[PDB]
Amino acid sequence: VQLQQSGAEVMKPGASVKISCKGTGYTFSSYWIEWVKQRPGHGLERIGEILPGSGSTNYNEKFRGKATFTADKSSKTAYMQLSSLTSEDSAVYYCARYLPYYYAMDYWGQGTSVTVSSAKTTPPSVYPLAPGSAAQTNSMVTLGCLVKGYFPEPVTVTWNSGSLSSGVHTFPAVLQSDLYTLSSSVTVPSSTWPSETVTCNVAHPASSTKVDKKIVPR
Amino acid sequence: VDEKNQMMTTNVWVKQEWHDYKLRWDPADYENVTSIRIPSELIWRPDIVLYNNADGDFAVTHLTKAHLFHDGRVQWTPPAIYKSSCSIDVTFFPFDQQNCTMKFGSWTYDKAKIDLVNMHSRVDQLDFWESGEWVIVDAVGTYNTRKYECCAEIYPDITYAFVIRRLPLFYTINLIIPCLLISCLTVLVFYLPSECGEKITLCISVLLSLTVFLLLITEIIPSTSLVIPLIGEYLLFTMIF
Amino acid sequence: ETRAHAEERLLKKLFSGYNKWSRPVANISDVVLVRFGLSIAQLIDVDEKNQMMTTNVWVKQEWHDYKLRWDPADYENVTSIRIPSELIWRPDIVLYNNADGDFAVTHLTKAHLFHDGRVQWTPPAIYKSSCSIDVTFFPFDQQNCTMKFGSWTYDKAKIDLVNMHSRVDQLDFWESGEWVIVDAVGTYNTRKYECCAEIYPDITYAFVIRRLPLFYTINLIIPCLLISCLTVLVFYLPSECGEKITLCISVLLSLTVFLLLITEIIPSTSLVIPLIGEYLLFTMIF
Amino acid sequence: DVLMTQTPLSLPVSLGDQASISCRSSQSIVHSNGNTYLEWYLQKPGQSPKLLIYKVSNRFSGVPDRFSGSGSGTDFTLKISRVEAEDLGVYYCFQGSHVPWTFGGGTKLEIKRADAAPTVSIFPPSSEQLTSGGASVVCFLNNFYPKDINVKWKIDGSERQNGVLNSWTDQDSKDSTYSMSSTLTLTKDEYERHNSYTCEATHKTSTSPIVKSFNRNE
Amino acid sequence: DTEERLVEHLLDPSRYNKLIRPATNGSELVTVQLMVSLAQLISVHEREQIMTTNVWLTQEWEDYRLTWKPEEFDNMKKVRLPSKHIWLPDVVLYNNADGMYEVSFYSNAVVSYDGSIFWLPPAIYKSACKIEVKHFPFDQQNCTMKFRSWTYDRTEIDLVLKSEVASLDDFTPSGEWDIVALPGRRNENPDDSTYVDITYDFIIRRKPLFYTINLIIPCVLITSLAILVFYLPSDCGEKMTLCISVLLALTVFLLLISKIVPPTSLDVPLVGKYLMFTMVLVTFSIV
Ligand SMILES: *[C@@H]1O[C@H](CO)[C@@H](O[C@@H]2O[C@H](CO)[C@@H](O[C@@H]3O[C@H](CO)[C@@H](O)[C@H](O)[C@@H]3O)[C@H](O)[C@H]2NC(C)=O)[C@H](O)[C@H]1NC(C)=O
Ligand SMILES: *[C@@H]1O[C@H](CO)[C@@H](O)[C@H](O)[C@H]1NC(C)=O
Ligand SMILES: *[C@@H]1O[C@H](CO)[C@@H](O)[C@H](O)[C@H]1NC(C)=O
Ligand SMILES: CN1CCC[C@H]1c1cccnc1
Ligand SMILES: CN1CCC[C@H]1c1cccnc1
Ligand code: NA
């Protein structure tokens, strides 16, 4: 068996988004297909299941009038028309097979990320994070590489080709006003930084941006 | 048309014509003979089956005879009784229109071997018998193709759609007029003064009367939960009031 | 060398000069033994008004003859082959208590064959017997219904029935829901009819069964036993209010419609009367 | 809808320890046939959920025997014998008694070890951001345990809460620690009017709050 | 032209036989793969406990003597043959009522050159399934249907399922009834060692709106008056008519709901129990 979904999708608030679910390797129109919604914060809430053979549909009492499933028998594809979408439903959507009262839920999908925000395109950024002026020189020191104002996910903020990989830290994305702001840090011995050349690199495939900027002391 | 069980029982003359190469001969050598009649059991017969059956025959088991012409043409006219199962849509009872479909087609042959061609665009009605209650508004024939799970080839089919109407006079003279007449008393009891003391009698009698009429109409219309009969809604409305 | 090719030669050889209507026995005086048995798939219905019990029965008939024997070590070790029952002799076991039903085994299933001459045959059937329905303690009732199986055109000198199992097997029984079988007893008997001089054997199967009483004691006897507690209630009503005749007529018509309803479910037997009917007539008189 | 209540919310247990998680229903979820249809799901970070227990009295075909499930008609308990490095993730409940179906709340599960000293470091803005016209002060707090820690921002001795972005990651695998970044964004015009900027950290392993301050005019 | 010679070569009674079943290498089992497809659930008479459905059952089996050299006969791949003449393993219901056991149409079968045969006849089946009537009408019905060869045990043939679930590619919405899941499972009996069969379980859910609007609303509508008869003033002298009429209506609804429910004395319909309890209440009211 195998399941496929649609790619990443973005759209302004209020419009409609339709995602596809493809299934192969079994009798597609023989048992239920249910979808799982996962907010990036916490919890798992469902959106509903349908039987691709008949027009039997049901919904959770909380998400009534928000989604409308649709099934096709010729092409093994399930669609979902979406109602007026708001900024509170930007989450990850799944798809899964299910058969009630018997063996059920043995396989899944791979995940479909949908992001809804008022933005068009913003390249990732360079702003190093230099240590303070008044600080006591210890045996080790932390580093900093900051990126502000980019959209959408993902981005790859690494060090010099993986040379400094121990002690790295990559935080989740958090908004400030409308875009994303991330930082990368690592602890290196203070006896090497004034000598070794270290530069953080930023790679953005969605915009094809490969930018590095050397960090030098003050 | 048993709507309670959702079954249309029709009497059908099927006309099947084709031609093959083996059964040809020369008329000029056999004292100028052109057409001879033979039992269909001895010659090949294409399998024409309907898919929409429910508790009935799947075939033409009568096995009529068949004509033969000199050039190889063959004509075959078996009569049969078919029992289809069509979705009865009863909303505007009794002023109703029924749309019932019968699906004919081959069974063990693809489009690469047997291809069906509708001889007439409309269903013939030269020898129709008027039942009295149902009149056929129109009968349309459509040629379609499908692809099933078994196989790789595509299979042809012919869909006959009968759109018919119910003659309304009987049910509007014996079913809806009594209830519409006794529903005009639910407001009458308020004008009755309370000193005489018989208003509860009238009220309970009217209530049981509508109850009896509802439990009667629940037999003639099908037990289908997709939509509600309008008369049933009106009766429940008046019972609540 | 294939198994099918050898079985084909066997089947061609034994059916070469075999007859169907000839009773297969070594000598005229020698007998056969037909081991007989029953199984109930389900108990369809017991229509007491029409006095008809409709049953679905697997009949197990085992016997043996001398003409269908061979040697297994000569035909690549074949022991049991299956053949249609129309080609071999078939003993006619008929039931005498039929009422608008099948007298025979018209399904004509297949039959097994062993190498020594033994033959086993299991045709399904739908039987409709007519048993005397005794409805007195309705609904707390026990029904005793019989079926009478037996040979038709042969005497005890030629065929002798032997019951295979002392009790009717119930390994594949389907619970009808309303009727449970208490017990089933098969008895071998012999009779002598007016036609002939010889005596003929038969087997009588008696089913003693009970009716599950909850369905009727929750819908039929409790409403009438409840509304009958009003016939004495009306006298305590004062006279000046003026509705005692209403209560009386209501009770009377209600119980009369009830009674006339109960006559559709019990048979029109005149030998005994149901106790419920007697109680209802008693209450109507009073 | 039959809500599901999982206890606890987060249960850190070390490698090899026995962990038991309770999952209660708001109503009775026993079907009339006599079998209770409940599913346990295991979600790992960045992957699709896996199966471990279906039809609790039975075991999944493919999961090792270290997992077990039991309970009465209403109270349910999932038990693990020895926690390995692979069993990290989140557990989920699934009831299959009444329509519609619903999930649980989500039970977090990671490993537990001793405390650690938090590493705090403050980074003032760089020259490129001053050329842009902003000021990003980034306060890293890495390699600490447990999550009980607070970050506070002071400007000239006054508490500041506007513009504070607090982010944290999950428990890392090679060191079993936590990380937390606090970003403060201001304008360059405001950077030239204040004097002292301070990031303070209050953690259990420190009786005194770790203070990191820096001055503009020195 | 060559098709006729090919068919007469395959179906010659001197060479091919029908009453015997094919086998090789010392009574090896001939595996038979059957799977079902539900066309449309056309009726369920709950009073007689009879589910009448439309079924397409597909059967595959390997057979060696029907093969031919594909190069000789103009490179033909598959040939149609009548079902009556070629051997066919019987596959028939057991719990079937109405006597009718075998299939209806006996359609043609496709035969390849390797020897695999693939045959599917239509059928209408009248299964008999117990009606679990407890939560009327908000109920789930569990109807079982068995497939097993009435002529062959597990010594010659063996049955194996192709797909774990019945297909619904040809399903049409039935209307009143709605399917939930169609699991099929191959049973095995270790005590007998010969009993082998396939059970398909149809779990069905009734759409509730029809019976709701038809019966439940009048029921509660007229039973909401049992606790109301007392508020009537006694001097008017009309308690008797109203209360007796209520009791009569409750008895009528009880009889009707008992006539529509299947007569199974194993369980009690909840609506009937509620009505009997409120009937006892209303007779205590009249006294
Ligand atoms: C619809 O009815 C069918 C038939 O009664 C139900 O199938 C039965 O299901 C139960 C529970 O799954 C089976 O019991 C199990 O048997 C196996 C081995 O015997 C055992 O490992 C389990 O512990 C359990 O006892 C029972 O076998 C099965 N009946 C059969 C196959 O004949 C079915 O569950 C019903 N549908 C629903 C939704 O309940
Ligand atoms: C009847 O149904 C058929 C098939 O769905 C459809 O094509 C046709 O339009 C319908 N006829 C009418 C009058 O709606
Ligand atoms: C049933 O009837 C038969 C024949 O009349 C009789 O012999 C038998 O005793 C009866 N069964 C019982 C338990 O009385
Ligand atoms: C094309 N037919 C329609 C439904 C079944 C299918 C079929 C396929 C092969 C042999 N017979 C029938
Ligand atoms: C012994 N049979 C039982 C009833 C009829 C009798 C009989 C006698 C002769 C030939 N056939 C049947
Ligand atoms: Na009256």
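To find a chain, count down the sequence lines: A is the first, B the second, and so on, and within it residues start at 1. We count ligands from 1, going down the list as the structure has it; atoms in each ligand are counted the same way. Excerpt of entry shown; contacts counted in excerpt.
Going by contact count, the macromolecule most engaged with ligand 4 is what UniProt calls Neuronal acetylcholine receptor subunit alpha-4.
What sits at ligand 4 is the drug (S)-(-)-nicotine. The heavy-atom neighbours of (S)-(-)-nicotine (ligand 4) at a 4.0 Å cut-off, by chain: B, E. Lab note: no covalent bond from (S)-(-)-nicotine (ligand 4) to a chain modeled. The entry gives chain E the name Neuronal acetylcholine receptor subunit beta-2. The deposit lists the origin of chain B as Homo sapiens.
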